[PDB]
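Worksheet: the structure to be examined is printed underneath.
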Amino acid sequence: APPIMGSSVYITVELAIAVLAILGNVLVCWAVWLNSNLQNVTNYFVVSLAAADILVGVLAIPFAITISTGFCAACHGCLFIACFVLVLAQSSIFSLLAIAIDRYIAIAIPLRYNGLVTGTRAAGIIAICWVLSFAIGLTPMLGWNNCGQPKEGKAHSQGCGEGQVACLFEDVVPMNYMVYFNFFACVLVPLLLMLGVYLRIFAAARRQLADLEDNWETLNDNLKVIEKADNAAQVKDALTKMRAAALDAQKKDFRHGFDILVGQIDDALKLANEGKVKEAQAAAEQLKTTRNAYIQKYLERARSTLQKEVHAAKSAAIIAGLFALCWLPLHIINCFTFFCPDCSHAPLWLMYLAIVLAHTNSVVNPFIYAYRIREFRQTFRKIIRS
Ligand SMILES: CC(C)CCC[C@@H](C)[C@H]1CC[C@H]2[C@@H]3CC=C4C[C@@H](O)CC[C@]4(C)[C@H]3CC[C@]12C
Ligand SMILES: CC(C)CCC[C@@H](C)[C@H]1CC[C@H]2[C@@H]3CC=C4C[C@@H](O)CC[C@]4(C)[C@H]3CC[C@]12C
Ligand SMILES: CC(C)CCC[C@@H](C)[C@H]1CC[C@H]2[C@@H]3CC=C4C[C@@H](O)CC[C@]4(C)[C@H]3CC[C@]12C
Ligand SMILES: CCCCCCCC/C=C\CCCCCCCC(=O)O
Ligand SMILES: Cn1c(=O)c2[nH]cnc2n(C)c1=O
Ligand code: NA
């Protein structure tokens with residue numbers, strides 16, 4: 001069977017993916033430039049991520065096509081075109097890990113969030129990750145490669161000149177690097193961390209969501225036992241437990257509503273200490289209007305804000321998920337090639353299928369923002385319409 005015919009499909013799909021990679025991610029970068037609301041610390045890691053996806057369609061995919069030919073080239077030159085995609089992958093992981101941490105700081109200590117993360121501190125972080133990504137990605141070029149024991153039969157078959165080799169991935173890149181160093185240390189380890197990071201995010205949101213409900217119940221259940229109370233001692237316990245939850249739930253309309261709430265508990269409390277039973281019961285009745293004029297609104301404003309931060313977390317969680325699903329197949333085939341020599345090698349069409357599946361990750365990113373993030377959605381429309 002002709003080799004080029006099967007190759008014709010692969011090249012066509014690769015070019016198609018490149019087109020969607022460049023266009024889709026350019027729209028993200030253009031969106032952040034225009035809109036001011038999209039200019040924040042979280043989106044800066046998004047643009048860094050989009051930068052990696054753009055560079056896939058421009059270089060990594062052209063590089064992926066050129067490798068498949070098995071053309072003649074210097075072994076060191078062959079290493080760059082084979083390993084450059086590893087730089088772009090390592091950059092994305094650091095970007096995904098940063099977003100997870102940025103979302104964790106935003107939900108854990110929202111007070112300290114303004115002081116811990118800033119605009120400039122993020123730029124320095126991104127630079128370090130890009131520098132580290134080049135080091136990690138292009139590690140084989142420092143000496144950990146198969147240039148020392150080349151395939152001379154393939155070199156003479158291909159008609160390669162002296163010093164040149166038939167440039168193929170599995171020929172120049174050792175599998176111990178791809179499995180132990182790249183897959184396990186650099187990919188799998190940070191991915192497991194993102195799992196644990198997002199787990200602590202949802203768990204933290206779960207606690208705050210019975211906190212705001214425990215205090216609400218603490219307020220109501222202590223109110224109705226003042227009405228049917230027996231003595232001054234009963235009114236004390238119910239009000240002192242309410243006063244505890246009053247300050248607890250607090251952690252200018254905000255501070256003003258509570259000054260009236262706690263102020264009314266203080267007044268009703270002092271009537272209990274004086275022994276005024278019926279006047280203490282009646283004073284605590286004024287809390288009901290107070291409750292449903294300020295508090296109940298802060299119950300559905302604070303609760304509303306929690307759903308925003310959780311929806312933002314899930315939206316980010318999907319990206320890291322889709323990244324894992326796209327890349328993992330290719331890593332497993334590397335694990336089979338490495339760990340099982342008794343097994344047959346994976347067919348060439350399956351190799352092609354895994355590569356394009358890894359490349360597709362570059363396309364899926366902008367579709368998630370538009371479908372999930374409302375600000376990105378409305379931003380895209382006015383750009384397309386103009
Ligand atoms: C700024 C962007 C657009 C430019 C991209 C640079 C690319 C096209 C250049 C930079 C260095 C180049 C490599 C340098 C050396 C060799 C060895 C030679 O035997 C085959 C080509 C090969 C492997 C080159 C391939 C193309 C290459 C990777
Ligand atoms: C999703 C994350 C947790 C990783 C998935 C687990 C990976 C590392 C596991 C799942 C199945 C495993 C393979 C199952 C079968 C074989 C054939 C055997 O002769 C050698 C080991 C080898 C080649 C295993 C290598 C590692 C492997 C690919
Ligand atoms: C991560 C999720 C989506 C799982 C994806 C499935 C991948 C990782 C699995 C499913 C079945 C697997 C294949 C089963 C059998 C063989 C034959 C062996 O001679 C080479 C590897 C090869 C070809 C395996 C490669 C990896 C493989 C394609
Ligand atoms: C779509 C955006 C990418 C822009 C570049 C498009 C062209 C690059 C794709 C393929 C050509 C690259 C080289 C192909 C194999 C070289 C042949 C050889 O030297 O034997
Ligand atoms: C990342 N990667 C691999 O892990 C791999 N294994 C075999 N070809 C491969 N190619 C072309 C590749 O890009
Ligand atoms: Na990417």
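Position 1 is the first residue of the sequence; numbering continues from there. FYI, side chains are in, hydrogens and waters are out, and symmetry mates aren't considered; it's all heavy atoms of this structure. Indexing begins at 1, ligand by ligand and atom by atom, following the structure's order.
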Specify the drug or drug candidate modeled at ligand 5.
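It is the drug theophylline.
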Which chain is the chief contact partner of theophylline here, under the naming of UniProt?
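Largest number of contacts: Adenosine receptor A2a.
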Do any UniProt-annotated transmembrane segments of chain A have a heavy atom less than 4.0 Å from theophylline, and if so, which ones, counted from the N terminus?
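Counting from the N terminus per UniProt, segments 5, 6, 7 have a heavy atom in range.
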Within 4.0 Å of theophylline, heavy atoms only, which residues of other chains turn up?
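The heavy-atom binding site is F169, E170, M178, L330, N334, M351, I355.
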